[PDB]
Novice: 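I'm reviewing an experimental structure with VRC01 and have questions.
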Amino acid sequence: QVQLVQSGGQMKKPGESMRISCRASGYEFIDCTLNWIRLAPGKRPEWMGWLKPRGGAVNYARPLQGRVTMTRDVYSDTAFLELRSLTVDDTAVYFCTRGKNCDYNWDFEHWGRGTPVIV
Amino acid sequence: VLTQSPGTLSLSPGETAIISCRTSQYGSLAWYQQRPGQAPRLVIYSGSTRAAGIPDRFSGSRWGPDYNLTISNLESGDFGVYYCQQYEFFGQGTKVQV
Amino acid sequence: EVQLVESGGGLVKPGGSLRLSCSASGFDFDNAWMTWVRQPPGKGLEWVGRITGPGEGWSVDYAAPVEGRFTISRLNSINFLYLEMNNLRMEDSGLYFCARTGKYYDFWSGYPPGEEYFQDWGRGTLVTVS
Amino acid sequence: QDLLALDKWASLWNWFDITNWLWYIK
Amino acid sequence: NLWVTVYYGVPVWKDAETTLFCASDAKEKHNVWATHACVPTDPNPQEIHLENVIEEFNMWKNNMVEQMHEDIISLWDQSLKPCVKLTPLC
Amino acid sequence: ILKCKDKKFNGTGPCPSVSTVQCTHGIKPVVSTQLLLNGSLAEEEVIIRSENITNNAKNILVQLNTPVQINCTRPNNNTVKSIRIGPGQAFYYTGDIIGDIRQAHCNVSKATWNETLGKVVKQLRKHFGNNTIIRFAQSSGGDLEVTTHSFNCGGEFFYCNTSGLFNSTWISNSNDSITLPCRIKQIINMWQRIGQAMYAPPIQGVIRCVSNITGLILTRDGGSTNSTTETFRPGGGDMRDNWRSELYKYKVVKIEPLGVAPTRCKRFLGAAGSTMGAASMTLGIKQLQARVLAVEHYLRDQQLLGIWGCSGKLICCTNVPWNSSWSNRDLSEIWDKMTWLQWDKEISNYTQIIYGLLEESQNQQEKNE
Amino acid sequence: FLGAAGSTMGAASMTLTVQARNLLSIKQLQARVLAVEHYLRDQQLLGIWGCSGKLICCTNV
Amino acid sequence: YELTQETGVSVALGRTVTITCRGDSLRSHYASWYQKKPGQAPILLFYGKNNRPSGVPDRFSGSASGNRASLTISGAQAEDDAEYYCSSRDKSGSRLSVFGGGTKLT
Ligand SMILES: *[C@@H]1O[C@H](CO)[C@@H](O[C@@H]2O[C@H](CO)[C@@H](O[C@@H]3O[C@H](CO)[C@@H](O)[C@H](O[C@H]4O[C@H](CO)[C@@H](O)[C@H](O)[C@@H]4O)[C@@H]3O)[C@H](O)[C@H]2NC(C)=O)[C@H](O)[C@H]1NC(C)=O
Ligand SMILES: *[C@@H]1O[C@H](CO)[C@@H](O[C@@H]2O[C@H](CO)[C@@H](O[C@@H]3O[C@H](CO)[C@@H](O)[C@H](O)[C@@H]3O)[C@H](O)[C@H]2NC(C)=O)[C@H](O)[C@H]1NC(C)=O
Ligand SMILES: *[C@@H]1O[C@H](CO)[C@@H](O)[C@H](O)[C@H]1NC(C)=O
Ligand SMILES: *[C@@H]1O[C@H](CO)[C@@H](O)[C@H](O)[C@H]1NC(C)=O
Ligand SMILES: *[C@@H]1O[C@H](CO)[C@@H](O)[C@H](O)[C@H]1NC(C)=O
Ligand SMILES: *[C@@H]1O[C@H](CO)[C@@H](O)[C@H](O)[C@H]1NC(C)=O
Ligand SMILES: *[C@@H]1O[C@H](CO)[C@@H](O)[C@H](O)[C@H]1NC(C)=O
Ligand SMILES: *[C@@H]1O[C@H](CO)[C@@H](O)[C@H](O)[C@H]1NC(C)=O
């Protein structure tokens, strides 16, 4: 049993900032990597970054460096994504994903429900 | 780095759907399906291996850098949007309709 | 067709040791006894030694320069003729040959131990000391 | 006590002595 | 023609995961990283260079690192166990 | 324990130069996050290791062939005082500071660090394109253990920014010191665990260290195709990545001395690379579980030698004939051209068959009848 | 393993092997070292009687 | 050597001519003579003083002239000419079958 309970759904204006959350369950949150993915209709799915708990190490995608931040609460097992400045191009549904077998991160077997964000 | 076959592919139920994804870089390639209004699922992983719970209809691979996914005998649960991942990349995304 | 593939030996300091093997297949290793000879590169063949027949003593006789230097053994179970060559000098070199000695004698001109002959040899294996 | 004595068929034993009284008797 | 022969002492090794013991040099038994229980080391370790042989290594998947990590954590916790608790400091 | 002595070995794949030992060399359990301290240096040049250099999630381990000295100090003349907080317990805390407060810091030689980064760029350009601009930047995020070079010095725990070490771009073609600010933290959580921590008591007086930076841990950003530049940021990652830089040489191997072979008789690890035949004649609580296992294994082999009618040692002929289906080279080649390991690979899948036939089924015919 | 235990002798003698092979096949340490001790006691006792093989010896008592 | 030899001789491509090799022990023992083209496996021209092994060149002839083991090569073939070697016991009664080197048939 692996379940990523994602939370958000907030309508935002351009120029403002957004934050959404992803609570992990079933698997031990500390020893497995998380990734953040964005899906926009008619556009390429862009991988935004990954977060490793046990140190909270972060790797942000190059197009979004300086605008995206990913942090976490180990005790609530909850990863948090934040975008400092949205635009019209940020209209998309955001997914908190996990590798099928973290040993190899890039097999997104487990996905969240999806968080639409409209700008 | 990654390209795909036409995104307006339209087939009725029952035929075989061929989805081609060309990759420039080496790496394990996975295939994802997105249903309308639901999160994507891992359909193929490591190029040729099906994910758990996926029927045998979803299969296909190619030695060279031109991977082909074959979807035989489409049901009503198919006809989503298909993406091809190689590490971070996902490609254009091709829809399958009726 | 008695293939005698002998393969072993190589570069080594003036003092040292090494271990040559001489396979054999296609005849009766179990009693027919074998010999080693040395052919230094700027020289002809020179006789080294030979195991004696199993049942004919099973002993070895070294040569005039080689006595106290080499040692010969046979594992007939695996048809292998080993030669340990130790306490090396500089003249020790060449395409060391392993051949199947024979026993020849006749009356009239009889005289112990008679003579032997080297019919089926191997291809060769280069050994060179530096 | 290796393969020595495992295969013991020697009627012409000690050939380097069978020589020593092959033709010497003659 | 040919018969099975049993050779004991053949030089054939297969990969594996096992337990390994610390071996320090001499030892004030006040080092956090000393269990004061590791056998003396070999002054002249028997490092045997092999003949020509290729061996496929993989540093990312050996169990020496996992075992060392577990040992380090256990050793640190063992060192910290008999010390002040600082419960009333909060 | 086999160890790879190949000087350019980069962590994976064949190693032509292999040696065997019983014990590894002394490995210091040095705790550090971005820069690996002390340890062992490469022999010829800087060595880059990655499970997949193109993968953005695997940490890249850099091993330096020369050290970069990293001095560090805690200027504060810090006097410790202790109070009793319970029966047989004493709480140690910083009493006060005599001199100016000042700030803890580290020094890295500027020219030496620039030259080291030049070598690292030269090596990284081999794995990627030779026209790629290699950019070094600071860590992008994480807690204080990851974003800052965290280490121990004289009993205190330093956390240094290192934004001055990784601040550069390298285009594809004196005596100054880079001073890194460093903070000191007494509440410590190493090998980050939910619900555990330590209080490191302060150490009286001024502290100084001198140590060798002998390795780095790098992480690529990725995610862009047209950028033409690769950004390598330091990253603590996991603590195991430290010891992977020290145990990369070693691989543990179980010894299986038993073997079978075809032969015409019917009743150390040296020379592993030498072909058969030549080899034939040429040839606390953890420690207790460890010795016991060996004993069991020893008896296991003896038990097999018990049931095969071979009470002796080394070699014994047996009365089971060699089936031609058991991979047959006719015996001229197997004992000349083939090593013991290769032969074992040849008959590994069949091994239980011969163990079955050499069982006491044969010795019931031979010893009971 | 224990098959042919209820069978008559002689026929069951061919199964003696399946008994000798499966001996020696902190709690785990205690159990395994006890098994080692039992096996080694048995082998020492067999050796004192003049045996070395795991099959039958018939002696002069 | 104890089994002293000749350095070599020449050829005429059709000659029936002898080559010799001295050494007293042969007056007591039998004789052995070989063919060894360089880079190849040596062969045995004569098995015993008076006998030759199978597969030997048919043109080859001659047996011995005492302790001067001499034998004749007929129908001289250019490739065949190569070089030839001598051997026998070194001391009368000994087992050391010394290889007394050889002759450049040339
Ligand atoms: C990488 O290796 C280097 C070189 O070994 C290492 O630096 C060394 O650190 C140790 C520990 O701090 C130093 O030893 C100290 O030196 C002074 C000498 O005056 C003393 O103050 C210290 O003794 C006090 O502390 C001890 C407890 O540790 C007490 O038992 C004692 O009574 C004293 O209170 C202690 O001996 C050593 O001098 C340096 N080496 C050099 C050359 O400066 C470095 O720490 C290693 N890297 C890492 C990250 O640790
Ligand atoms: C990065 O990861 C990849 C995949 O995990 C590592 O292996 C690479 O895998 C591909 C196939 O996916 C290999 O392709 C091979 O190429 C040639 C074409 O002539 C041929 O030998 C094979 O049929 C096969 O198609 C690729 O070679 C292989 N890479 C290497 C270096 O062997 C890859 O090694 C990883 N990258 C590293 C370590 O830098
Ligand atoms: C480095 O790793 C590669 C595979 O990534 C391997 O082919 C190569 O042999 C390794 N280098 C050495 C010196 O073994
Ligand atoms: C470290 O300090 C020593 C003297 O203790 C000095 O020689 C050396 O240059 C210093 N290192 C650096 C990098 O400045
Ligand atoms: C480092 O060296 C490079 C050339 O290798 C040079 O361009 C650069 O300016 C140097 N950097 C510093 C900080 O001295
Ligand atoms: C390191 O210094 C830079 C200077 O810009 C600063 O932004 C950064 O926050 C510092 N690092 C930490 C961990 O405070
Ligand atoms: C700290 O200050 C005191 C003042 O008495 C002095 O005795 C001591 O030497 C100082 N410590 C250091 C390490 O300089
Ligand atoms: C740094 O490396 C050099 C060269 O190996 C060595 O001599 C020196 O002792 C090392 N420094 C420390 C502090 O261990």
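In the text below, chain A, chain B and the rest are named by the order of the sequence lines, each starting its count at 1. Heavy atoms only: backbone and side chains are in, while hydrogens, waters and symmetry mates are out. Method of determination (from the header): electron microscopy, 3.5 Å. Part of the entry, not all of it, is on display, and contacts are counted within that displayed part.
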Novice: Name every ligand number or chain letter assigned to VRC01.
Specialist: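 All copies together: chains A and B.
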Novice: State which chain has the largest number of heavy-atom pairs within 4.5 Å of VRC01 (chains A and B), named as in the PDB entry.
Specialist: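 By the greatest number of contacts, it's Envelope glycoprotein gp160.
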Novice: Give the letters of all other chains that come under 4.5 Å from VRC01 (chains A and B) at a heavy atom.
Specialist: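 The other chains in heavy-atom contact are F.
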Novice: Determine the epitope of VRC01 (chains A and B) on chain F with heavy atoms closer than 4.5 Å.
Specialist: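 Heavy-atom contacts give F/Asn52, F/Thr54, F/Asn55, F/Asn56, F/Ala57, F/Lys58, F/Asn59, F/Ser140, F/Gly141, F/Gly142, F/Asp143, F/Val146, F/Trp191, F/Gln192, F/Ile194, F/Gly195, F/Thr219, F/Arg220, F/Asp221, F/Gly222, F/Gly223, F/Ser224, F/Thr225, F/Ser227, F/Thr229, F/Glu230, F/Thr231, F/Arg233, F/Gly237, F/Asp238.
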Novice: Help me out: residues of VRC01 (chains A and B) with a heavy atom under 4.5 Å from chain F?
Specialist: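 The residues in heavy-atom contact are A/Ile30, A/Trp47, A/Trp50, A/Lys52, A/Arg54, A/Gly55, A/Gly56, A/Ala57, A/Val58, A/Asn59, A/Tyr60, A/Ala61, A/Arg62, A/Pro63, A/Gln65, A/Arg72, A/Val74, A/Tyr75, A/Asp103, A/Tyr104, A/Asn105, A/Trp106, B/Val1, B/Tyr87, B/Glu88, B/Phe89.
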Novice: Extract from the PDB entry the name for chain B.
Specialist: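 The name in the entry is VRC01 Fab light chain.
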